Peer 1: 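Handing you this structure, nothing more for now.
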Amino acid sequence: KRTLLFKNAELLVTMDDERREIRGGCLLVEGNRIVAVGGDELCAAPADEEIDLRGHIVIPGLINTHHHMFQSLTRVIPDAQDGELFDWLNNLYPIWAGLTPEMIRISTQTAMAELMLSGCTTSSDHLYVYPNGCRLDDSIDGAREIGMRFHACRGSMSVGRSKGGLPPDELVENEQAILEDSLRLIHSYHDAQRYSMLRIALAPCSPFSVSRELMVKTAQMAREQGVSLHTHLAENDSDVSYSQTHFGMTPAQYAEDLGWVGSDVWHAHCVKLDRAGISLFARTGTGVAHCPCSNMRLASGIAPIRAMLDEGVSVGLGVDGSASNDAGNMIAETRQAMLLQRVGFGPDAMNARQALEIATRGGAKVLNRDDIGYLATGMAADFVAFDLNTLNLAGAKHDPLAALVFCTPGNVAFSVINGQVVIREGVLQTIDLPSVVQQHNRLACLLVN
Amino acid sequence: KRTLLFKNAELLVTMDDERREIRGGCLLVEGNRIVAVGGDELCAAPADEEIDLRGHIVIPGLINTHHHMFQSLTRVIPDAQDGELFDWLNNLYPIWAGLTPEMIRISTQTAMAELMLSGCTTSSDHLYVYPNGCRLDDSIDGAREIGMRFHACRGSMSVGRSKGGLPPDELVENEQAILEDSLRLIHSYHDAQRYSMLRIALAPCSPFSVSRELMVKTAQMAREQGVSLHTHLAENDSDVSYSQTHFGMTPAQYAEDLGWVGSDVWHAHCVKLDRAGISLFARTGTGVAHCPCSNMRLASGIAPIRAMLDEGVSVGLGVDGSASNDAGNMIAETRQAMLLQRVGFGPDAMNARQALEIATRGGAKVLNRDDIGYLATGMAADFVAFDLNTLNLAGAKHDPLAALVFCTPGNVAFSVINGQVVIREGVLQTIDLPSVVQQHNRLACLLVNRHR
Ligand SMILES: O=c1[nH]cc(F)c(=O)[nH]1
Ligand SMILES: O=c1[nH]cc(F)c(=O)[nH]1
Ligand SMILES: [Zn+2]
Ligand SMILES: [Zn+2]
């Protein structure tokens, strides 16, 4: 088995059970997993490759828990930059009706590359449109080429124009076809073993874009197959009113009534989750993907993340799709979580270590994994290093960890995912990034024009 | 005088009176000024150097209107990261008491380098501590090394611990000495001419950090000398209560009472400015430096920027000191202004072009300058270029301008300040940046290990 030693980090942030932050720390890797973490004599360990991390901070790889990677082809569309969410959807859906399998494959790589260079080693996605023969398989193909640990969601919608919804009919599917494809994807791709690089989750776009029968049947299938459940919930005032008018229930009551609570469930946004919903989520272990930049850029609101954390809700972090952020920058999203909670709820609402915990342990938690999210013996070899001697962090070496959240760092210097060194001295190793960016921009131009 | 042609930008954002955004745009420069702005007809122009900007967006240089660059030596101090503003001040003041002239000279270069690589071509600063023989001269020396267009404020404090204030006495000054040094700095350094690289403003830290007499005499001096006035105003709930309690007045009423209104005045933050204060500022031309990251990082609040703009208030942008942001990233601050107004006031509150106008034309206005802030014949040759073919902007070429605000771009590819190409292919040309960063971090270490 291949061994790898990362030695003499200026600070090794473990996020482990003691929250050890080790000066001069070293990390010994064998295959895809961590052998030991420490300073002192472990730094003298022989290894097939040694990488010198003096002057760097090492953190556990960031974990992104919500995205729509296909939207990285359609950032800052003029008719979608401003205005109401109604106009945003109505101007973007006809564009997305042109998506091809190749664009799914390429856009997954582009969005994952942006996340990887900004500190992220595991990401979910929420692909929920399948025009022109597009399949989740195309996104899985792209993810496999770039080497990121991947939770692929079988997103779905069934309520289109003919049934009184907003999406064009060409962007919705029959519900029997959705369940059959969901089952196929689990059988073909879901790896439930420790250190899995690919897991499947089932994800109707929202409880309102599919039938209530399909929400219950999806939950049933996920529980039978041992996979997770993901959807958008309580993202804005319109979601809350819709739930009340149409079902006589708050969004959280609606989720509970469908069986969409539990540690195998995580809901994106939850900006308008109420006190009873927070408590329900806390006692059922239901997770939340917090997407601060999206919630600001779409004027959704400030999610009550501090209140959720204070009751024991499992909270992870997500960038959301690139047409509603529009960046894909994980460490910048972690910064935004801290800034937004403080402006919303005061100076004690979120510090650097609490935000970074959401970005690491919190994300592992809401994806229902205990093998990622911190650095210790037997954990997955997922971690990143930032150079502390850059201009961006000059004067911030008083606390290298806080520097990543309070300052604006550049790209990571190194990234390791499943023991593979995927970024070396700021250069992505698993793909030809300039070629992918070129193809992406040509495809984006073809799609929109 | 040297001539420069910048040709074939994918998009040249002028911010001019017609807000032209020119595909294939070109810029012809002579010395410190723009000779022409146009399309490919400019390619027939002769120039000493041509720079090919295809694949790039060019924008007017961003203008930063509030800072404390000395704080770039003390980012994320553990005891100041969290807690109340009281704890922030009382844990940072003893550290700043060890500042030396060399630290002022170096920290100015570090803070300006961060601003320049993130799109900024003009900055003010608000140095308000002068321990151990430090002088505004030291900051001016650093700014002259790096080539940034500079509005240096003689900040001041006189109400210390022994007199019932929070700063220690070693960090406050006698008020007559403050006025004397203010006049010396104006006479020695303030260049009032077009395309000036150095202007002086007078800047008591807040209306409560000095006597009422110093507030009034400082304004009197500034008006006599023709320079501007700068201070912190209405940053938080404590500022509003204090002025109401001690003076029976809102912060903006108190500023008016002190004579601290007018187009030669700009107030930092104004988070808690009320409707009548907004109206007052609009009709007097009083400016505002909006500091969104600082206002969130210190839990100050969401300033009513959309309301001020709708009433006619001149609003610029500021990163604030690096101990309350803690970044110095001008284009990221522009993004934050847009994100924060939307979450505060709805989807119509601020778009990419509105935010970029605050960061350019808005900053020129609050600094009382008509020669920077947009690209047109006779304007200062201050502009920057971002590469549009980066991973960060992939899929955003549908609107190159909005991409700068809605995405998170890297450093600029090129920067021109006063006609000098100060950043070339991402590399800062005017200082040895890794050497300055090394010295900065070493001085930061010496500073925090001082005996106190
Ligand atoms: O912000 C968003 N809301 C709803 C959606 F379906 C989506 O893709 N993005
Ligand atoms: O936010 C701030 N408040 C007060 C200060 F003196 C300062 O520098 N910054
Ligand atoms: Zn989403
Ligand atoms: Zn300030």
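Chains: A, B, ... assigned top-down by sequence line. Using the numbering of the PDB entry, the residues shown for chain A are 3-451, in order. Throughout, chain B uses the PDB entry numbering, with the displayed residues spanning 3-454 in order. Ligands are counted one by one from 1 in listed order, and the atoms in each one are counted from 1 as well. Hydrogens, waters and symmetry mates are skipped; everything else that's a heavy atom, side chains included, is used. Per the header: X-ray crystallography, 1.9 Å.
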Peer 1: Among fluorouracil, salicylamide, phenacetin, which drug or drug candidate sits at ligand 1?
Peer 2: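 That one is fluorouracil.
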Peer 1: Write down the name, per the PDB entry, of the macromolecule bound to fluorouracil (ligand 1) with the most contacts.
Peer 2: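 Its main partner is Hydroxydechloroatrazine ethylaminohydrolase.
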Peer 1: Can you tell me which other chains reach within 4.0 Å of fluorouracil (ligand 1)? Heavy atoms only, strictly under.
Peer 2: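 Non-hydrogen contacts: A.
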Peer 1: Name the residues that contact fluorouracil (ligand 1) at heavy-atom distances below 4.0 Å.
Peer 2: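 The heavy-atom site around fluorouracil (ligand 1) is A:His70, A:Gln73, A:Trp90, A:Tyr130, A:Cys207, A:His234, A:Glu237, A:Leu300, A:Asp322, A:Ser326.
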Peer 1: What protein heavy atom lies closest to atom 1 (O) of fluorouracil (ligand 1)? Include the residue and the distance to one decimal.
Peer 2: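 The answer is A:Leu300 CD1, 3.0 Å.
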Peer 1: Write out the residue and atom name of the closest protein heavy atom to atom 9 (N) of fluorouracil (ligand 1), then the distance separating them to 0.1 Å.
Peer 2: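 In this structure, atom 9 (N) of fluorouracil (ligand 1) has A:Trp90 CH2, 3.6 Å as its nearest protein heavy atom.
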Peer 1: Taking both backbone and side-chain atoms of A:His271, is any N or O found less than 3.5 Å from an N or O belonging to fluorouracil (ligand 1)?
Peer 2: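 Between A:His271 and fluorouracil (ligand 1), no N or O pair is found under 3.5 Å apart.
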Peer 1: Can you name the atoms of fluorouracil (ligand 1), numbered from 1 with element, that are less than 4.0 Å from a heavy atom of A:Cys207?
Peer 2: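 Listed by number with element, the hits are 6 (F).
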Peer 1: Starting from atom 3 (N) of fluorouracil (ligand 1), what is the nearest protein heavy atom, named by residue and atom, and what distance separates them?
Peer 2: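 Going by distance alone, atom 3 (N) of fluorouracil (ligand 1) is nearest to A:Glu237 OE1, 3.2 Å.
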Peer 1: Counting each atom of fluorouracil (ligand 1) from 1 as listed, which ones have a heavy atom of A:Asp322 under 4.0 Å away?
Peer 2: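 Those qualifying, in numeric order: 1 (O).
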Peer 1: Are any other ligands or ions in the structure closer to fluorouracil (ligand 1) than 4.0 Å?
Peer 2: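 The other ligands and ions are ligand 3 (zinc ion).
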Peer 1: Is there at least one pair of N or O atoms, one from A:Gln73 and one from fluorouracil (ligand 1), spaced under 3.5 Å apart?
Peer 2: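 Between A:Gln73 and fluorouracil (ligand 1) (N or O atoms, distance only) the closest approach is under 3.5 Å.
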Peer 1: Would you say A:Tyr130 has any N or O atom under 3.5 Å from an N or O of fluorouracil (ligand 1), going by distance alone?
Peer 2: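 Min N/O separation from fluorouracil (ligand 1) is below 3.5 Å for A:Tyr130.
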Peer 1: What does the contact table look like for fluorouracil (ligand 1) (nitrogen or oxygen on each side, cut-off under 3.5 Å)?
Peer 2:
residue, atom, partner, partner atom, Å
fluorouracil (ligand 1), 1 (O), A:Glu237, OE2, 3.2
fluorouracil (ligand 1), 1 (O), A:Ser326, OG, 3.4
fluorouracil (ligand 1), 3 (N), A:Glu237, OE1, 3.2
fluorouracil (ligand 1), 8 (O), A:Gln73, NE2, 3.2
fluorouracil (ligand 1), 8 (O), A:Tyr130, OH, 2.7

